There are 4 protein chains.
Amino acid sequence: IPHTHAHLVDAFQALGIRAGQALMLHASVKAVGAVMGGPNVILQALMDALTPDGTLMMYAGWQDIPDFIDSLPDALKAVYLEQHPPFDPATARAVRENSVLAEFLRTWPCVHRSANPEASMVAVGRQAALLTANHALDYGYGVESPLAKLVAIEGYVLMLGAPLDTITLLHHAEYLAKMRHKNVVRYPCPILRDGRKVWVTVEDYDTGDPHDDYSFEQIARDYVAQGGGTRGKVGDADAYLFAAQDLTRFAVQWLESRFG
Amino acid sequence: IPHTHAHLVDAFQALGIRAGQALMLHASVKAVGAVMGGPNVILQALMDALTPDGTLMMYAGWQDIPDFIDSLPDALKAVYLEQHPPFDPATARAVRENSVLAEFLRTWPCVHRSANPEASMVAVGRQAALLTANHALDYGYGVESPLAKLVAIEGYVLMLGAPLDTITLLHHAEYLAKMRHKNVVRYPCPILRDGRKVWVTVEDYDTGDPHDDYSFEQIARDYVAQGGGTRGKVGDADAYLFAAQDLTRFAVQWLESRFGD
Amino acid sequence: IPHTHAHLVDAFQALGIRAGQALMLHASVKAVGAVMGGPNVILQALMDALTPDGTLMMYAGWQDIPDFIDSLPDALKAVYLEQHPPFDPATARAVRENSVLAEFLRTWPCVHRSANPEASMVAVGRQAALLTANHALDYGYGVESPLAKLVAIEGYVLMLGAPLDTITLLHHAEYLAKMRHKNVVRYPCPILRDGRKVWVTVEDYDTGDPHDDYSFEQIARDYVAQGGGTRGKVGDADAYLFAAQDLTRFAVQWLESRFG
Amino acid sequence: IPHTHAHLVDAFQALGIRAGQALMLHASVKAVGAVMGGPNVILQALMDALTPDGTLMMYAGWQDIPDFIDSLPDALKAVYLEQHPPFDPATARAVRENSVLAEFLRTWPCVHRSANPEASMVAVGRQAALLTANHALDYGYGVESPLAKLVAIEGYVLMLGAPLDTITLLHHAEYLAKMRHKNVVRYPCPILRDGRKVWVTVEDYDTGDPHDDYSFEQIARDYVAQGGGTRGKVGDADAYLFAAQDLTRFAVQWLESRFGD
Ligand SMILES: CC(C)(COP(=O)(O)OP(=O)(O)OC[C@H]1O[C@@H](n2cnc3c(N)ncnc32)[C@H](O)[C@@H]1OP(=O)(O)O)[C@@H](O)C(=O)NCCC(=O)NCCS
Ligand SMILES: CC(C)(COP(=O)(O)OP(=O)(O)OC[C@H]1O[C@@H](n2cnc3c(N)ncnc32)[C@H](O)[C@@H]1OP(=O)(O)O)[C@@H](O)C(=O)NCCC(=O)NCCS
Ligand SMILES: CC(C)(COP(=O)(O)OP(=O)(O)OC[C@H]1O[C@@H](n2cnc3c(N)ncnc32)[C@H](O)[C@@H]1OP(=O)(O)O)[C@@H](O)C(=O)NCCC(=O)NCCS
Ligand SMILES: CC(C)(COP(=O)(O)OP(=O)(O)OC[C@H]1O[C@@H](n2cnc3c(N)ncnc32)[C@H](O)[C@@H]1OP(=O)(O)O)[C@@H](O)C(=O)NCCC(=O)NCCS
Ligand SMILES: CN[C@@H]1[C@@H](O)[C@@H](O[C@@H]2[C@@H](O)[C@H](O[C@H]3OC(CN)=CC[C@H]3N)[C@@H](N)C[C@H]2N)OC[C@]1(C)O
Ligand SMILES: CN[C@@H]1[C@@H](O)[C@@H](O[C@@H]2[C@@H](O)[C@H](O[C@H]3OC(CN)=CC[C@H]3N)[C@@H](N)C[C@H]2N)OC[C@]1(C)O
Ligand SMILES: CN[C@@H]1[C@@H](O)[C@@H](O[C@@H]2[C@@H](O)[C@H](O[C@H]3OC(CN)=CC[C@H]3N)[C@@H](N)C[C@H]2N)OC[C@]1(C)O
Ligand SMILES: CN[C@@H]1[C@@H](O)[C@@H](O[C@@H]2[C@@H](O)[C@H](O[C@H]3OC(CN)=CC[C@H]3N)[C@@H](N)C[C@H]2N)OC[C@]1(C)O
């Protein structure tokens, strides 16, 4: 029997999902196992557990962001500058490695999408506009970001068979933490401005690799080991539910004590 | 006979105010009628309907802003430059014509205040810091303003016996709208910088008079006439509740269709 | 006798015109009086005093710009939108009020014309391409204008019997000056884009009326009174030669001290 | 015994320096040897050979540009962002490796200085304003730069005892040349905007190291070998005089023949 909508709603509630929460999801469709109706039902079941008074958010980003063009031969870079489409929030596809579920939520009715191409988040529910509003282009995991707002409203992160190393929220802890040295990246990206394509430079902390000798999986496992979060099964998947505020506080302290 | 806290909470909920909303208030104490406990109870009842996870904001401005000193004679202007106090967000009083309720909210526990003196907004609640953060000095009703943020987070405007012409949000619609004519003003203002008084010049669109042949009352009356918002009584006052995003969109289209490209 | 080429050259040199200068001209043919060979000889004599290493520029604009159509009834506005020709820099005639000399210079061999229709400038000589390049559509008397470049390369303005109120350079001073009140206008204009007519909206400061209680005649006469420029006769005309940088600096200070 | 103004003027003229030319100088004071009156007289003799109808330019840059702060510990970077002064063109000192002569010219009467901090050029003479005008912040050795204008007005470059590897003009050839790959740098810099310090990001091609397996010394030596320029002694210094237009054309073809795609 493929997992049903009802069995998923009930499992989310059993794990601790409650009406009105703001929740960021990381998931693996394959870890959940076959669902009756496909991955839509994972999203709908989670939405139903949250009710319309709650909010569901995922990290979408942009699968085709051409942030790498300075490494290309100059003549090819020039073609990119002429021919590559800009980030259009209506069409820019989600990063495939963020789960097909992120692309499914990005194209969900009543979705809101944040404006930072590389860090773009999508949300559905009562606080979806709030979470995705005024997402600054520079330092997209920092103070002017959906992650800051998720912490401020005491939201949650649900890991649904997704590896612990993929928690995007810990990039916000990296932004906050006073560390010996953090790597800054400056990269090009085409956006829409007054309906026309414009290439801009985006400045951010590196989010492709850690700033020092740590991993997100290590921080998350240490968090679990000292009693943080709840754990349970949802479909076939091992699931973890974390409070965003407590996990961010823990991770900032973890980073500053080891690398400050 | 005076309106009670409970009856005000019920009236706000009947109008459509819900837990967690971000709400900007324009109000007349006299229009509401006598409240048991005074105007504090209007603010508290509204906060209670919003809950601490909602947010209540008002336009405070600065009652004593000396933005007029350029039209004084040189000798008097010199006295102002020397003697007028700077905008101190801890003490600068709210504009009296913004209702005593704005000054009451400005002095409420856990209030946050935006840094633009002339355009200063005050808020209490979960998004109060968010709404009031990084309020740019120039174009204070524009893209870096609490009004832009109220629109972005899909907040609301509540008119509680206040004239429709007083909706500050429509200055943000003026900022957004592409119009054949705009008046740009530069005016002086004393502020605090590194703990010291410094006189600066602020640039903004004129918000004292319209940029063309319209009024805010007209726009708002037209919005209501085509079904915008909800209406209901709160105390003795006729109240209107508007979605900030829908009203701004309507007002921008209204201005652009009449004066636009 | 009509004035000769040789006597005009001598008069220009006596006034202070030197080889290699970049010069913007405002002129009245009638004030100069009849010239042997007509107004062509005024331009050629000036070009000869400047030599090919100098540059001569004038304000052309567009005599037929339909910037007034938004105020017409819909039915007439519609006809303008469909039937009025776009700004074609090869054919768009200079504003007649700018002197026939501006249209004569616009049609001179080796002329360069700037792309802003309402603010269009025409130039012949060594820096003609430099002065007329990349003239932005918005704020056409501003930072991206031939007037800004004339100031930046320390060019000159020659008034050849033209009223001081007609100095276009003082609109650049208005743009630069920090003033208590500015009128900003948006108006329609047909242009060519990829060889097709397209209607665009242009944003600019109002240049039809001052922004406050002043006139250009007032500013320039004050400049002359404090020793600015040199004066002399050219033909029958009273002529004034101003340094573009010094006049702009003076006018900005004049505006800011009174309205800033 | 020390070299005199008159002998320096003649030595410059012997190379081909003429009245009215626009000339960019690279120099070593030590290579020239002691001059009667010091390095001022080198500049004045060159100016006198060029006459007031000519123009003299040097690369000043900014000795204290804090373009390296991202490599510092975060806490030290934070101090720089707060405390390091911005580029003020009235005071920012010339890079010392560009010769004390560049700082001497930067402080010369009637000097003009271009606005790009890292690439800042200083010039005195008839076309000094033109050469230094509207120097773009990004790609400061490219199309909107003093080097582009020096090429356009058919100016010259004089190497006065300076190593051929230090010719700034060849960074403009690097900018122009269609090469297989050029390294792009983006770096921070504090500037003045409306009288206040602002930190901005500057984008440019790398000018600290070549983009491929070449050196400027090698290009210039090849230019000389095929008959380009003139050479002679000025004081104790070996001098080279290059036409900017011909050298830029030669260098672009040189780079594209060897490293193009
Ligand atoms: C990388 C990772 C997503 C891979 O997980 P996964 O289960 O293999 O991949 P997805 O969740 O995208 O599911 C894909 C499956 O959905 C299924 N599916 C069901 N209906 C589908 C449909 N209409 N269209 C496409 N796929 C569909 C398919 O079986 C597909 O697998 P297939 O192409 O092999 O046939 C996962 O291990 C992970 O890391 N999750 C966390 C990711 C994250 O949040 N990163 C944030 C960056 S900070
Ligand atoms: C102008 C306007 C405020 C007048 O409304 P109002 O009801 O007369 O005035 P207020 O709301 O300030 O209420 C004043 C009353 O509060 C009462 N009050 C109760 N307790 C009070 C107290 N401790 N202290 C002071 N006043 C008190 C008083 O009776 C006072 O009236 P009084 O001084 O005549 O005795 C109203 O018509 C209006 O325009 N509101 C919208 C304004 C706005 O929001 N503008 C935004 C700018 S875009
Ligand atoms: C308005 C102003 C141009 C009128 O000056 P003017 O001397 O009367 O007019 P012009 O310079 O255009 O000269 C016109 C004369 O050129 C003569 N002329 C000679 N050859 C001519 C020819 N081939 N074709 C046409 N006219 C010719 C004609 O006699 C003509 O006069 P007419 O039409 O009455 O017979 C002048 O007073 C002025 O203000 N100049 C400054 C304008 C300016 O620079 N504005 C900038 C905008 S900010
Ligand atoms: C690096 C380089 C400048 C060093 O040359 P240099 O002759 O040693 O140095 P300078 O030209 O700065 O001259 C310094 C000498 O000027 C002399 N001098 C005379 N008057 C002086 C004065 N008032 N103040 C300071 N120094 C003075 C001093 O002897 C000083 O040397 P010292 O400090 O050892 O006593 C030279 O080899 C070079 O590379 N020139 C090319 C520069 C260039 O254009 N770079 C741009 C790269 S694109
Ligand atoms: C398209 N260009 C890319 C650019 O979008 C950006 O992507 C980041 C991505 O790698 C991060 O995932 C890595 O890190 C984590 C935790 N250590 C585990 C999985 C790893 N893959 C992700 N959490 C956040 C993304 N912003 O940085 C890298 C890049 C190559 O430049
Ligand atoms: C202290 N100096 C003043 C300065 O603060 C500013 O005040 C503005 C105020 O008038 C506006 O209220 C007018 O607008 C209409 C709506 N059309 C409703 C009532 C009208 N009075 C208000 N909505 C916004 C304020 N920023 O401009 C004017 C000024 C005199 O300079
Ligand atoms: C075609 N439509 C017109 C549009 O081109 C623009 O014309 C301007 C023109 O009037 C200005 O001349 C006035 O200014 C004073 C200087 N105080 C001298 C003479 C006055 N006539 C001129 N200097 C600059 C022009 N850009 O504005 C007005 C307009 C009607 O909209
Ligand atoms: C302050 N930071 C520095 C920044 O100003 C910039 O300096 C450049 C400078 O090195 C170049 O000189 C090198 O190259 C040449 C020919 N290959 C020979 C001498 C070499 N030293 C000079 N020609 C142009 C300068 N723009 O780049 C490097 C930097 C460290 O980032």
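The sequence lines are taken in order and lettered A, B, and onward as chains. Just so it is clear, chain A uses the PDB entry numbers, and the residues here are 6-265, in order. All residue numbers given for chain B refer to the PDB entry; the residues shown span 6-266 in order. Chain C is numbered as in the PDB entry; the shown residues are, in order, 6-265. We number chain D the way the PDB entry does; in order, the residues shown are 6-266. First listed ligand is number 1; within each ligand, the first listed atom is number 1. When reading the values below, keep in mind they use all heavy atoms of this one structure, side chains included, and skip hydrogens, waters and symmetry mates.
Drug at ligand 7: sisomicin. The main binding partner of sisomicin (ligand 7) here is, in the terms of UniProt, Aminoglycoside N(3)-acetyltransferase III. With heavy atoms closer than 4.0 Å, the chains neighbouring sisomicin (ligand 7) read C.
When hydrogens are left out, the protein atom nearest atom 14 (O) of sisomicin (ligand 7) is C:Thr212 O, 3.6 Å; that is the closest non-hydrogen contact.
Using a 4.0 Å heavy-atom cut-off, no UniProt CoA-binding residue of chain C is near sisomicin (ligand 7).
The nearest heavy-atom contact from the protein to atom 5 (O) of sisomicin (ligand 7) is C:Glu123 OE2, 2.6 Å. Near sisomicin (ligand 7) (under 4.0 Å), the structure shows the other ligands and ions ligand 3 (coenzyme A).
For atom 30 (C) of sisomicin (ligand 7), the nearest protein heavy atom is 4.0 Å or more away. For atom 2 (N) of sisomicin (ligand 7), the nearest non-hydrogen atom of the protein is C:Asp72 OD2, 2.7 Å.
The shell of residues lying under 4.0 angstrom from sisomicin (ligand 7), judged by heavy atoms, includes C:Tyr146. The protein atom (non-hydrogen) at minimum distance from atom 24 (C) of sisomicin (ligand 7) is C:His176 NE2, 3.5 Å. The shortest contact between atom 28 (C) of sisomicin (ligand 7) and any protein heavy atom is with C:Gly213 CA, 3.6 Å. Ranking protein heavy atoms by distance to atom 21 (N) of sisomicin (ligand 7), first place goes to C:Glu102 OE1, 4.5 Å. The closest approach between a heavy atom of C:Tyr64 and any atom of sisomicin (ligand 7) is below 4.0 Å. The deposit lists the origin of chain C as Pseudomonas aeruginosa. The closest protein non-hydrogen atom to atom 16 (C) of sisomicin (ligand 7) is C:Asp170 O, 3.4 Å. Per UniProt, the 2-deoxystreptamine antibiotic-binding residues of chain C include some within 4.0 Å of sisomicin (ligand 7) by heavy atom, namely C:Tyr64, C:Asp72, C:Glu123, C:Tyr146, C:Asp170, C:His176, C:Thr212, C:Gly213, C:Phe221.
Of all atoms in sisomicin (ligand 7), listed by their number and element, those nearer than 4.0 Å to a heavy atom of C:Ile70 are 1 (C). Residues contacting sisomicin (ligand 7) within 4.0 Å (heavy-atom distance) are C:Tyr64, C:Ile70, C:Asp72, C:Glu123, C:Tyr146, C:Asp170, C:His176, C:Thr212, C:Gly213, C:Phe221.
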Could you list each N/O atom of sisomicin (ligand 7) together with any protein N/O atom closer than 3.5 Å, one pair per line with the distance?
| from | atom 1 | to | atom 2 | distance (Å) |
| --- | --- | --- | --- | --- |
| sisomicin (ligand 7) | 2 (N) | C:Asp72 | OD1 | 3.4 |
| sisomicin (ligand 7) | 2 (N) | C:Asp72 | OD2 | 2.7 |
| sisomicin (ligand 7) | 5 (O) | C:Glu123 | OE2 | 2.6 |
| sisomicin (ligand 7) | 23 (N) | C:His176 | NE2 | 2.9 |
| sisomicin (ligand 7) | 26 (N) | C:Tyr64 | OH | 3.2 |
| sisomicin (ligand 7) | 26 (N) | C:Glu123 | OE2 | 2.5 |
| sisomicin (ligand 7) | 26 (N) | C:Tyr146 | OH | 2.8 |
| sisomicin (ligand 7) | 26 (N) | C:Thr212 | OG1 | 2.8 |

